[PDB]
Amino acid sequence: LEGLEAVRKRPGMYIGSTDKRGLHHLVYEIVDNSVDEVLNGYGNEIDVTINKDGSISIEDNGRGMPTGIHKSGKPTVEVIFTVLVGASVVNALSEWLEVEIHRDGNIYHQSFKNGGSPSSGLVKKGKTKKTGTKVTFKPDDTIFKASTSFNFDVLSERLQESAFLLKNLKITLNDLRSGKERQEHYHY
Ligand SMILES: CO[C@@H]1[C@@H](OC(N)=O)[C@@H](O)[C@H](Oc2ccc3c(O)c(NC(=O)c4ccc(O)c(CC=C(C)C)c4)c(=O)oc3c2C)OC1(C)C
């Protein structure tokens, strides 16, 4: 509704602050959704990838988000990313967000743009034998005026802590950006 605009007006009210700590909290919110699923009993691997264009991917091997109709009459995946930390907050502060779900033998995809406005509905794009959810968002430069570039070392301390706090959970962090390519993995 106007709820996505509200986040875009006072981001600090929803995230912790409107700085580099807030920008990295967008990533932690998406990782927390995969941790929730690990704790639900499904999944043992989380992959975080900093893409060449400055977007970030968070991939898991959980069951994959449910695709049915939510109590509001609207599809579930759409509700999660558009209704008010919450994945809707990430979506509001992103110039673009994409979801990819591997569930019930199928691959579902849904795209959002310019602050969380659905660019498409949930679309069946192929078939799979793999399960899980992959979220890829690009934070908005008009919100984080100073910077939108993720810091490998900042993400790494937090993912290390999540891997230590949970146990039997392999967290991999990757950086694809030109000249600063790095790969790390954490498992306790
Ligand atoms: C951002 O989405 C998050 C998820 O994030 C990720 N990465 O998976 C995750 O944190 C969590 O994921 C859930 C949260 C709830 C369910 C959930 O409620 C499910 N269903 C069952 O637990 C279930 C278990 C037994 C059973 O007989 C039925 C039948 C269903 C009926 C009668 C409606 C359903 C299910 O399959 O997957 C679920 C999943 C994957 O919640 C979201 C969707 C907000």
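Since chain A takes its numbers from the PDB entry, the residues it shows come out as 17-100, 120-223. Both ligands and their constituent atoms are indexed starting at 1 by order of listing. Note: hydrogens, waters and symmetry copies are ignored here, and every other heavy atom, side chains too, is used. When the header is checked for method, it gives X-ray crystallography, 2.3 Å.
- Of the drugs dihydrostreptomycin, simeprevir, novobiocin, muvalaplin, Taxotere, the one observed at ligand 1 is novobiocin.
- Against novobiocin, the chain with more heavy-atom contacts than any other is given by the PDB entry as DNA topoisomerase IV, B subunit.
- Under 4.0 Å from novobiocin, the heavy atoms of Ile96 that appear belong solely to its side chain.
- Here the protein heavy atom with the shortest distance to atom 20 (N) of novobiocin is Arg79 NH1, 3.9 Å.
- The atoms of novobiocin that sit less than 4.0 Å from any heavy atom of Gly80 are 40 (C).
- Contact annotation for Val170 and novobiocin: no heavy atom of the residue comes within less than 4.0 Å of the ligand.
- The proximity of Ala122 to novobiocin, defined as any non-hydrogen pair under 4.0 Å, does not occur for either the backbone or the side chain.
- Residues touching novobiocin within 4.0 Å, heavy atoms only: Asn49, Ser50, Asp52, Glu53, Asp76, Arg79, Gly80, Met81, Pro82, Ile96, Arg138, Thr168.
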